[PDB]
Amino acid sequence: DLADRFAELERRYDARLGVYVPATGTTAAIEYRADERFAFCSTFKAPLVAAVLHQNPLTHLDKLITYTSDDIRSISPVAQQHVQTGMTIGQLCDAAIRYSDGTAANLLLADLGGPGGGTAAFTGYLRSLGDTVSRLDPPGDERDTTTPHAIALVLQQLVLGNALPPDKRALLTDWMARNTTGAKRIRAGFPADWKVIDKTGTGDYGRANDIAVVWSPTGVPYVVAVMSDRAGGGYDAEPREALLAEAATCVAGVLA
Ligand SMILES: *C(=O)[C@@H](NC(=O)c1c(OCC)ccc2ccccc12)[C@@H]1N[C@@H](C(=O)O)C(C)(C)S1
């Protein structure tokens, strides 16, 4: 049984784990806590970049955005070394996905505009793709959570579907392919000849997420959503990337 392995991982890492791989032609859904809520964390940044991409002509990626000292409130490795010059929407997009740049995310939200610095327009974007589950706005807390199941179906639609026109779908896909942050999660649990694109998230209460699209060596695709937290260790509990790698390995197994 596959759920025994997963429960084993949860015991080992003293974690709660969430896994969802949506069904295909010959494969059934892989699901484990696939319907419980977990924080979004940085993972929202991927569909956030789709939101922006969808919303505008491609040449909008060339609009220059200025931001100051007070705009830099979270880990922002790219927004630090630009604050002077400014940054383009495309550069912010690049930074949001590939480096999980928090300031880049907050500026891209602000670009979407509307109430709540853009989080309503954002949620609106998710409703439009049939996601009634997620919500952007404390383990368990309703706010800024999604389910392994809801996010995986969102990513499926963005990377393998008609949510974005080929050209814009491509741009999203490329940024995730060249992610710098996911080396030790889903990537690590799949053989080197499977091609894996992903966006990660990480937070307090030992939260660690990875959402990905994978392609078998013969080009068959799957969406893989892995979400976890470790409330057992309190606010300052450490994220366990291993747990994510391991789960992926167990998922790599079934799909190989
Ligand atoms: C999005 O998850 C980012 N995470 C954090 O900035 C973050 C955090 O955010 C609340 C404002 C709270 C606690 C921690 C603890 C340790 C690292 C980061 C945070 C960025 N994304 C992460 C990712 O895995 O994609 C990251 C690159 C480690 S920071």
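The residues of chain A that appear here are 43-179, 189-307 by the PDB entry count, in order. In what follows, every heavy atom counts, from backbone to side chain, and hydrogens, waters and symmetry copies are set aside. Atoms within each ligand, like the ligands themselves, are counted from 1 in listed order.
The drug occupying ligand 1 is nafcillin (bound form). The name UniProt gives to the main binding partner of nafcillin (bound form) in this structure is Beta-lactamase. Residues touching nafcillin (bound form) within 4.0 Å, heavy atoms only: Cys83, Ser84, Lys87, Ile117, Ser142, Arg236, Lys250, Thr251, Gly252, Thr253, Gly254, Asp255.
As deposited, the covalent attachment of nafcillin (bound form) is at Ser84 OG. UniProt substrate-binding residues of chain A with a heavy atom under 4.0 Å from nafcillin (bound form): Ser142, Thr251, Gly252, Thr253.
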